[PDB]
Engineer: 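Below is a structure I'd like to ask you about.
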Amino acid sequence: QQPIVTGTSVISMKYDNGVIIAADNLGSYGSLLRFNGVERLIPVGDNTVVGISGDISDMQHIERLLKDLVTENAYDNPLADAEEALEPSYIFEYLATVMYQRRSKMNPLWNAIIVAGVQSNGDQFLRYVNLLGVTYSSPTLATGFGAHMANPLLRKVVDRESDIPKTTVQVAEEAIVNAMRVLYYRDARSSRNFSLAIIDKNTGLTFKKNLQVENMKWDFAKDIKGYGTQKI
Amino acid sequence: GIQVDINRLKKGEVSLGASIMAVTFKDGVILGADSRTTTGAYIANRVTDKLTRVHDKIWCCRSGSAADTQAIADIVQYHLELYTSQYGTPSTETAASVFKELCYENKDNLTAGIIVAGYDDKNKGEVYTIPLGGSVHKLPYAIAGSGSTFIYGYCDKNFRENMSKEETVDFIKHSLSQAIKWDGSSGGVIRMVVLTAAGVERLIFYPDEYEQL
Amino acid sequence: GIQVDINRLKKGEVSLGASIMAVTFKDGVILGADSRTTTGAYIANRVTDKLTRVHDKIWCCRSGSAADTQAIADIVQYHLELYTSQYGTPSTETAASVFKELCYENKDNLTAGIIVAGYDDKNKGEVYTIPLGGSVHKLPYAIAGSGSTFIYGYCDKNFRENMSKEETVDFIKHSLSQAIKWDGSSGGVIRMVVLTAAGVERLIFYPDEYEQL
Amino acid sequence: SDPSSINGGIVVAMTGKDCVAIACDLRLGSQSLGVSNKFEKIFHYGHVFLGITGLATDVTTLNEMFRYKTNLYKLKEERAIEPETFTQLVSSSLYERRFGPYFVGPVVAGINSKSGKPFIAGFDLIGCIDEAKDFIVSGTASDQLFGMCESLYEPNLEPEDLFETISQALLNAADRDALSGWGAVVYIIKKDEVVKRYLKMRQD
Amino acid sequence: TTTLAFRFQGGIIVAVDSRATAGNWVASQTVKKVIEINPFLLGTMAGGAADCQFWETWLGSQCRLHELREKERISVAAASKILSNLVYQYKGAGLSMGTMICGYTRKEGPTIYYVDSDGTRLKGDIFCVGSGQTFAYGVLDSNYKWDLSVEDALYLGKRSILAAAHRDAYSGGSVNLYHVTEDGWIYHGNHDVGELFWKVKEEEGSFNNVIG
Amino acid sequence: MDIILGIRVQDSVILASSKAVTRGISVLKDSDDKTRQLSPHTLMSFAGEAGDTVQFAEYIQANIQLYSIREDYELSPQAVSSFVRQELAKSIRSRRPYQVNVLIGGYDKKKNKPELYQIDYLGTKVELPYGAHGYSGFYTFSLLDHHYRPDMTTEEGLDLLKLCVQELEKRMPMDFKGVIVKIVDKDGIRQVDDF
Amino acid sequence: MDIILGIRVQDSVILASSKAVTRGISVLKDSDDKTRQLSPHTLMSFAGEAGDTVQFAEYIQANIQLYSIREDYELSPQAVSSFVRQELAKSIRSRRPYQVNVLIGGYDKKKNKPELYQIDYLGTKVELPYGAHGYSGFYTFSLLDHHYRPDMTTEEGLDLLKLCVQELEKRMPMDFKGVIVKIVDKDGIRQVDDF
Amino acid sequence: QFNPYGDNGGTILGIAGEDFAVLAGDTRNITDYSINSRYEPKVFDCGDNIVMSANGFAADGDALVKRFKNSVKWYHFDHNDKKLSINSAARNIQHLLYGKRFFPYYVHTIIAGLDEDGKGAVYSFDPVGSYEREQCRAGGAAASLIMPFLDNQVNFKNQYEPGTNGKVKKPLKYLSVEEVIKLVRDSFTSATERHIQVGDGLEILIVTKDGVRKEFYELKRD
Amino acid sequence: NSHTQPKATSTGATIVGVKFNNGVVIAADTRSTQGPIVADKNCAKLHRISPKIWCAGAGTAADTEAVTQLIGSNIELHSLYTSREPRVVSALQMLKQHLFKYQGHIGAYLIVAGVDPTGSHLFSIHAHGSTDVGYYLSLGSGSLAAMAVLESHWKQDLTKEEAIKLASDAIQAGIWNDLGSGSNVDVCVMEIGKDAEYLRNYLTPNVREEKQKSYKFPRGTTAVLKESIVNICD
Ligand SMILES: *[C@@](C)(CO)[C@](*)(O)[C@H](CC(C)C)NC(=O)[C@H](Cc1ccccc1)NC(=O)[C@H](CC(C)C)NC(=O)[C@H](CCc1ccccc1)NC(=O)CN1CCOCC1
Ligand SMILES: [Cl-]
Ligand SMILES: [Cl-]
Ligand SMILES: [Mg+2]
Ligand SMILES: [Mg+2]
């Protein structure tokens, strides 16, 4: 078993009133950049966003499970849109259970997943889970290349817990958008087009589609000639 | 199916996977290339120069292994400099022959897909392509690199002989634009080198321009 | 490369390496395909029909394993016939879902790259592509098969939405012509199937015509 | 069939106030079988000391080789080789066999006779120099030695106190390694006197 | 590991080391390798630690159920066969166990059964099991007589483990002694090799290979 | 699987070596002498890969005999052992190494002391009071740890050796057809015919 | 490996079986009886994979004893051998086959004739005047081709057997610690204590 | 081909006193050469004055702890709210681990608490269930660095009484909670210096008859 | 040729190079690893090829030190032969041709930087013999963490002080986020018309805190069997 059509990095971070999460709109087929209209951020209710990387067929399977979870929660539940609504912590633990069960049957869902959201009591939720069933939480979280390149940049803003209240939504979103640009420079299986989602405890869920990487530095390339000695 | 070319590369070495092409036209010949260099899925260099000078008006496009193509191009440049000191300016055919000799005789230890392009006054613009095997093929235009697969259809339909400079630049720009769009191993800026009687001209084109073609 | 698509096949099985595509247009949708079937480098069948009916106005293009795609298409046709007996005419989306379910749940044992295309009266022409992984992708047009690699550049540059019937037929003909020219696994005649409100029309085009385009 | 862990053994070196210490175990085995409990791994050429862990045949071969090279050095230079110079000689000699290396983990220790500065250094099998103020470790219980040294070590220890620290580091590391132990030797090296002590340790 | 047990005039001597390894890493020096099944039955452990520990405590449960059902203490033969039939069901699955079931009953007398994970079950007077079994055999065989005293037999068992503890890299820690009579098993203490080696070297005058 | 033992006592060195030569499922010979005299007071026993053992032993023997003629002088056991070790140390990094393990028992006439050296095919030399190669050591070392004393006589050493052979005959899987015993002392080398 | 032999003579069947049980480089036991009595006039010797041998032998023994009680009648050696063969023939195509080879020596009371059957782990049965499993056959078969006669007595058969054991002790690589000999005849099964 | 195991690094440490017991563990979580989290706790209060940590492959570690916590819950339901003794918990964990003998939990487990005489207890487990009570145990990535230090400082190994000719050993005695925490903090700072997978933060859980207390300390973040 | 040694030291690292107004600056961390163990907590990864050409090295530690010294030796002889100050392209050419000849078996990954009569230069060399030119470059296990910072903050026309800040910030990103890198930050500045200044331990943000206890043993704690004076003199 292996992933065929794949999605690359998913990045995310916490800020004073909520969480931000982002992911590009590419479905790679090996080295071929085959599909360009792939949404890899999937909202669940008006308080959670699940970002998924890895195998896209397995992503679409998870989509259907989450869709079905909202339906099932509504059954015989008069408080489905109030006290007994789906929380980010519920949605995550469900997925984490599935991922670990599948790895334990030697038949894993190939993915790396980040569940971002805001709880009912206003607390920020951000936690990671992957094909192995491994889970962890941190002020910043990222998958694939994001882990190597985005996290370093995002940790300069929020290095520890105490930096979260000091970080505004403007500063946080700027860091995310910057990180997406760096990934476009340096990740061979990434695209310019991406989606971004903000879940705030006050202003709620804001889903931004069709964003582009901009303000790129390419001008210095013209001065670079040859690979050593060549002058022309 | 061309994963096999990448398969030939030594473990962990830098890969040139590329979108390179050379096109003859009325006034001479134009070489074109992307600027991406990869180590797996990490882009080691996003502003590479794959168009390299082996003589005043004989250049080449490099693809395959970065190390192998550089080592070869350096040796060829040495041979042609020594040729010039004894026998005067070498023909583009002569340059392609020296490339072939190195690529063919070391075909097992090398991964180098090279396009040779030059301008004589007698022979005008000429293009020779040298694939992995070490064979030589003289053509009106040539395409190569991992990204070239995606533009065989486009280039065959759109290429005409005796094009103008502006038409040839548009042909190369549109072609490499598509190759870059579809090939993950290709990207960055589009470098070009114009070879005519007038001299040598370097051109560059940035993403903001060519992406929205 | 294309190898790991063909590296999937079981030893000795018939290969459906292909040049298949489906294109939506003003009046509906058109499916297109070559007619070549190979066992290694031997052409087992030069007049194959890769465009197959799963319902009156829901057809599919097959690529990958001949056996696997046939077995799948037969099961889908059975499901949609049983669907029609109980719930009436199924949507093109419904057909694509049944294809996905079979391809995804049996992704390890199967090699089937299927394009689903159909005509509703409400939804007009629709195209869904289902690659090896078993994922579904709804698109304005789709290309697939070993020969599709060579026409990504051409098709992206030349495709427009809301084309006429004659324009779409020319678009498919020129595209598959190039795919056939460059891909050894593709060849023979170019079959097409037109899906509109008028009905179902079969078209064929022979080498003597399309080769010299 | 891993050359570095057939025979087993350990070496450790430390610095102190105007002194250095170098210590080693005495075991030589053939995998599980203990064969000799008298196999010393520390040698000296003039005032420069060299400890060597790893494949025993190479330990012996390198000792004979550096005895050879330091003797010719002395005849031509008309002086004893210094630790800094000897360290470079070991590095050169190991890298000369880059693609057919001696399977060893050598450790240099000594005091420079001119400047009086305490000096220690370690190498990998192909001659990569590892210089350190505090301590150097080598052998099949290197992980254990790293742990003991990092916690027990403090700078500017007197020779008598330094002896206790290095001895406790070696003993407790050796007892957590199956292929190391069976006795131990500790060298305490001052500017112009050198004391050699054999430690009592558990013989299993 | 190194474990042994031998039969003699005055019953059965059982002796084991206490080391546990994970490759060349010495993980523990204080492992109990003798399991006390009941006042008349002992079991030794060698091989996979978990396998031995788990299945021999399980064996003790099966022996208890026997005496509840049959109103009589289980025989050594029957107890050993429960274990040998169990591991035989897991043959090929990768269990690693080298055990000895030692005990006394009226009908059998003092009896020792070797039982290993590839299904072998053997009755016998002398057995040494483990990575250092050969080292123990060398000392034990060359000094063994049926007419040994309880004092001499206890010492020979202790000395045979010590010999193996010394030479075998994967044996050591401390020696646990047991003596089995008609009245049941009797524990004869934990003996650390740290002190025991030097005590034995001085008093016995042996171990001349070592720097005294 | 080939048994070679060595015991150094007060005034002599005793080497015991198995007589069996086995190929496949057949014992081709049961009276083989796995040793060569290097010099009047130096004896080397050997065991390992077929062919290599005798080829190596005789090659060393020739070199030591050449030295004796040239200098009209016998090399010390320490000197011979160092020469042998270096040859094996060269060998291990050759195209095809000698897969031979040896024991060198000698009497140094200048020191008036017996000496026993154990060298493996890698070139790993150790001086020992008692030594063994192959699987024999797994039994004999622990046995000798117990029974050996440094001040023993040659007769006490032979009884100590009998104790080893008995144990090996009891617990070894293969029939090695007994041993040939030889004693090295101040009066040279001699063979014990009845063992 | 393990040695199991069988010789059918005029009025009896003689089975010889090695006493050694070896694991690794240690002979764990030198008095092992590699046989089980299936019925008063039927004896089965066995050799092969550790554990499997005794587990198989006892399983057969139980089944034959169950038959004897049920029918109050002893099964003929031919009938027992056929039952054993079928069990091995089933076994070889199982998930984990019994890797056991056996010799079945019996005295048929109805025919008043001794019978010897050789069955391998595949379920390959043959009735023979003399038989052997493992590497033993490579020596004993040719020896018995020469010395065996069909009309021999039990005493002549034991001398013929001694000749086999001597040859094996001379030319076999492994020490198999002698053999336990048992005789099957009209008066049942008995063991020769001094061999 | 799919590999179901992974290494999440980290290291843990248990020490037992006279009337108390500590179970410490760093808060860093890693994969390969990347840091996943600087604060991800892996030492858990499981109720009945039992603290537990299962270091190694975090997914298996979490699954095990989760299952033991649940085992404690069902022990109360089935046996009239009886307190689960540390020795009983240890045996129960053995069966959890050995239950997956042929597809193991890749973890080194340590539990700590008080025995039924009120005295400090530490139990340690291998991946397949073999267990042993000890005064002292380090587990995880830096176990080989810390463990010999503990042999020397807790159990006074290789230390003799000065002037007694190496004849009289240093006498064993229980350590105070203050002295034990000193050894823990020094063990982890040393392990942080020399092991790349160890750092960020240290979380100690102390268990006395009064309950379970926590203490946190910063560690180097490189 | 031997296909790798696992025992051979191969340190994790973060080395970078940044070009500025009147020259070039390189920097590095100071951790040397053995597997997961930190062997040296303050090694020097910045090497001198010539007075004004310096070389940062990652990969197989023995190969980077050995190859930098060999080329440095030949560069010195070349400088004396030609009566000229050595050029960076000469070191570049000699390094790549050596590394290429061994087909990657010499695992040296280098950032070369310096000044010479031609101007200021910055190159990178990979083990297989390929070379790259750039204004900003990063190698080592923490190259991605460093390059993320370089891509975020680098601009054209950097000053000396800005380049040192950018370089050390890139190394810090490796120190904190990459497990292979750590400890201190070394820097070397090479400006045109001036001597190159080597700033050993330019930053030390990872100082070991005071230990809770002293582990100085009472004298006599260790049991001893034999004492003897060793003769070092003739
Ligand atoms: C002598 C000492 C050696 O043979 C004895 O035989 C003892 C027997 C006593 C303990 C009963 N044997 C061992 O000590 C035994 C050796 C061994 C190891 C593995 C398989 C067979 C035999 N040691 C163990 O079993 C250790 C005991 C631990 C240290 C308490 N356990 C392990 O090595 C475990 C589990 C092994 C295992 C077996 C089957 C399936 C899965 C796992 N492995 C680890 O702990 C892995 N790892 C090693 C490095 O440290 C981190 C954990
Ligand atoms: Cl390049
Ligand atoms: Cl078909
Ligand atoms: Mg064709
Ligand atoms: Mg030992």
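So you know, we letter chains A, B, ... as the sequences are listed, proteins then strands, and number each from 1. Shown: partial entry. Contacts: counted within the shown part. Reckoned from all heavy atoms, side chains included, excluding hydrogens, waters and symmetry mates. Order of listing sets the numbers, starting from 1, for every ligand and every atom in it.
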Engineer: Quick one: do you know the drug at ligand 1?
Structural biologist: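 That drug is carfilzomib (bound form).
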Engineer: Can you peek at the structure and tell me the main thing carfilzomib (bound form) is bound to, named as in UniProt?
Structural biologist: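 By contact count, the main one is Proteasome subunit beta type-5.
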Engineer: I'd love to know which other chains sit under 4.0 Å from carfilzomib (bound form), counting non-hydrogen atoms.
Structural biologist: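 By heavy atom, the other chains are E, H.
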Engineer: Nearest to carfilzomib (bound form), which UniProt active-site residue of chain E is it, and what is the least heavy-atom distance to 1 Å?
Structural biologist: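 Of the UniProt active-site residues, the closest to carfilzomib (bound form) by heavy atoms is E:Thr1, 1 Å.
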Engineer: Any idea what name the entry gives to chain H?
Structural biologist: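 In the PDB, it's called Proteasome subunit beta type-6.
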Engineer: So, looking at chain E, which of its UniProt bortezomib-binding residues come within 4.0 Å of carfilzomib (bound form), heavy atoms only?
Structural biologist: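 Among the UniProt binders, by heavy-atom distance, it comes to E:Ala49.
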Engineer: Which residue and atom hold a covalent bond to carfilzomib (bound form), if the model includes one?
Structural biologist: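 Covalent link at E:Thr1 OG1.
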Engineer: Which other-chain residues have at least one non-hydrogen atom less than 4.0 Å from carfilzomib (bound form)?
Structural biologist: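 The heavy-atom site around carfilzomib (bound form) is E:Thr1, E:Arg19, E:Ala20, E:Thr21, E:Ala22, E:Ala27, E:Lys33, E:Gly47, E:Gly48, E:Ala49, E:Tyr170, H:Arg101, H:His108, H:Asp126, H:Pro127, H:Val128, H:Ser130.
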